[PDB]
Colleague: 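Structure provided below as structure tokens; questions to follow.
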Amino acid sequence: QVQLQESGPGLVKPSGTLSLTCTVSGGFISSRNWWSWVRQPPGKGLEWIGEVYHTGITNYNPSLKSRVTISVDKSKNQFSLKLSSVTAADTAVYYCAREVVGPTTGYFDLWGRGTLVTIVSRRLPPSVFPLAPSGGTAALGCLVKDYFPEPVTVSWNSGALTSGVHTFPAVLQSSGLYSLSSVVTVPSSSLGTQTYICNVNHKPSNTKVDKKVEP
Amino acid sequence: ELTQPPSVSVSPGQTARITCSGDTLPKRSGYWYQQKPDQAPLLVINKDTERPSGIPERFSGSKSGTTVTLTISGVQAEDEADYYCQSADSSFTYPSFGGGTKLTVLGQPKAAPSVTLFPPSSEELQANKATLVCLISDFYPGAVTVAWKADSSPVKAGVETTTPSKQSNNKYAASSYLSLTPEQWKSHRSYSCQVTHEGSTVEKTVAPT
Ligand SMILES: CCC(=O)N(c1ccccc1)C1(C(=O)OC)CCN(CCc2ccccc2)CC1
């Protein structure tokens, strides 16, 4: 089956240019389908950006049409999106998609996984604080304090620890800054013996921290 | 150009009807997509009434001129998702999308919250700051109240509490943060987080090391 995968920078400066590429695998760019880009701001609905045929013919959303470039490159079996003069309104998850187009109707029959692109103007790096943890289970965690904008990713032990992990939704404080916590529930017996490290990444401020959580 | 209701709620095993209205539906047809959190949309009804292979038989579609409807029979908790209708404009130049309908499945069993309360980290105190973190998980329905106490006196200032949000197991999670000065933290014998849920309370207490 055909698979689509977006790639490209996840952070763009205001008035800069967003640039994404869709790699098509398992089939050819050359076909009766059209290839498109669709975006979805966090918590909002879908918005179509535009479409391209394998010959290069393009057709864009008129509300974006001056800022959009969609291109095809059959040698690499890819198609790409450039969105110029970006603002905060352009922060969204971007999806590449395949369209099935008939004489009078069309629809979307295949989607990439989506990639978040954030237009970063103001930013603030978080502080990362361990939340230190008898029998039973024990809770330990990491507090990611006072960052902007979203998002932050948290993993544990480089992704080797997944069972018992709960990363809570961030709080928007009255300061206009975000905080979040991530907690692992582990057997109390493994504390003195197993090392626990929370891997925090706030890409907008390039805050990448691996914080050891000890008793 | 395409109109669908922002929300629909049903009980497990009932039938959900999601409508989509638009003057282009007769000529340009309607297509329905299901979208779950952190996932791309998935086509569940093709060209008004066709179900793709691999879509459960409880999904069906119908057409009524300027309106098309997605019907989900015997709704299950796993059907909770956003549903988008899609068509095209009258000139067949551009796709059109509805705003999306959030389908909520009610009838989940009541569940009491678990509470974890953390004191300020030594690292934070060295930064001349203090945050207490109260984490509340695995409750239902998704409404809780949080009350902080210094020793046994209510604390209202410096409290930041999230709106409960659904976890990947269909229960709710929330968190509350209490900011203090290091002096406040060391002055009192303890601080408590009191979490109330459906008239029941759970309380956790922490104290300076
Ligand atoms: C060669 C010119 C050409 O074909 N088209 C065209 C028309 C004007 C300008 C540029 C390109 C289109 C067309 O007419 O469909 C054959 C215009 C519509 N596009 C489909 C829109 C769509 C996408 C997804 C869901 C629903 C609808 C497809 C191409």
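Order of the sequence lines fixes the chain letters, A, B, ..., with proteins taken first and strands second; residue numbering starts at 1 for each chain. Only heavy atoms go into these numbers, but all of them, side chains included; no hydrogens, no water, no symmetry mates. Just so you know, ligand 1 is whichever comes first in the structure, and atom 1 is the first atom listed for that ligand.
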Colleague: Can you identify which of amsacrine, carfentanil, bortezomib, tegoprazan is positioned at ligand 1?
Modeller: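 Out of the options, carfentanil.
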Colleague: Can you list the other chains with a non-hydrogen atom under 4.0 Å from carfentanil?
Modeller: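 By letter, the heavy-atom neighbours are A, B.
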Colleague: Which residues lie closer than 4.0 Å to carfentanil by heavy-atom distance?
Modeller: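 The heavy-atom cut-off picks out A:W34, A:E51, A:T58, A:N59, A:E99, A:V101, A:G106, A:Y107, A:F108, B:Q86, B:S87, B:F92, B:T93, B:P95.
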Colleague: Would you mind running through carfentanil and noting each atom that sits below 4.0 Å from a heavy atom of A:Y107?
Modeller: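 Reading through carfentanil atom by atom, the close ones are 25 (C).
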Colleague: With the threshold set strictly below 4.0 angstrom, can you tell me whether any protein non-hydrogen atom sits that near atom 6 (C) of carfentanil?
Modeller: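 Given the 4.0 Å limit, the answer for atom 6 (C) of carfentanil is no, no protein heavy atom qualifies.
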Colleague: Nearest to atom 13 (C) of carfentanil, what protein heavy atom do you find, and at what distance?
Modeller: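 Atom 13 (C) of carfentanil sits closest to the protein heavy atom B:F92 CE2, 4.1 Å.
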Colleague: Which atoms of carfentanil have any heavy atom of A:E99 under 4.0 Å away?
Modeller: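 Under 4.0 Å from A:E99, carfentanil has these atoms: 23 (C), 24 (C).
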Colleague: I'm curious, which organism is chain A from according to the PDB?
Modeller: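 Per the PDB entry, it is Homo sapiens.
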Colleague: Return the residue, atom name and 0.1 Å-rounded distance of the protein heavy atom closest to atom 28 (C) of carfentanil.
Modeller: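 Looking only at protein heavy atoms, the one closest to atom 28 (C) of carfentanil is A:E51 OE2, 3.1 Å.
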Colleague: For carfentanil, which atoms sit closer than 4.0 Å to a heavy atom of B:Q86?
Modeller: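 Counting atoms of carfentanil from 1, those under 4.0 Å from B:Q86 are 25 (C), 26 (C).
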Colleague: Regarding carfentanil, does A:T58 bring an N or O atom to under 3.5 Å of one of the ligand's N or O atoms?
Modeller: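 It does not: no N or O of A:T58 is found under 3.5 Å from an N or O of carfentanil.
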Colleague: Name the closest protein heavy atom to atom 4 (O) of carfentanil, giving the residue it belongs to and the distance to 0.1 Å.
Modeller: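 Residue, atom and distance for the closest contact: A:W34 CZ2, 3.6 Å.
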Colleague: What's the shortest distance from atom 9 (C) of carfentanil to any protein heavy atom, and which residue and atom give it?
Modeller: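 Going atom by atom, the protein heavy atom closest to atom 9 (C) of carfentanil ends up being A:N59 OD1, 3.7 Å.
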Colleague: Looking at atom 17 (C) of carfentanil, would you say a protein heavy atom lies below 4.0 Å from it?
Modeller: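 At least one protein heavy atom is under 4.0 Å away.
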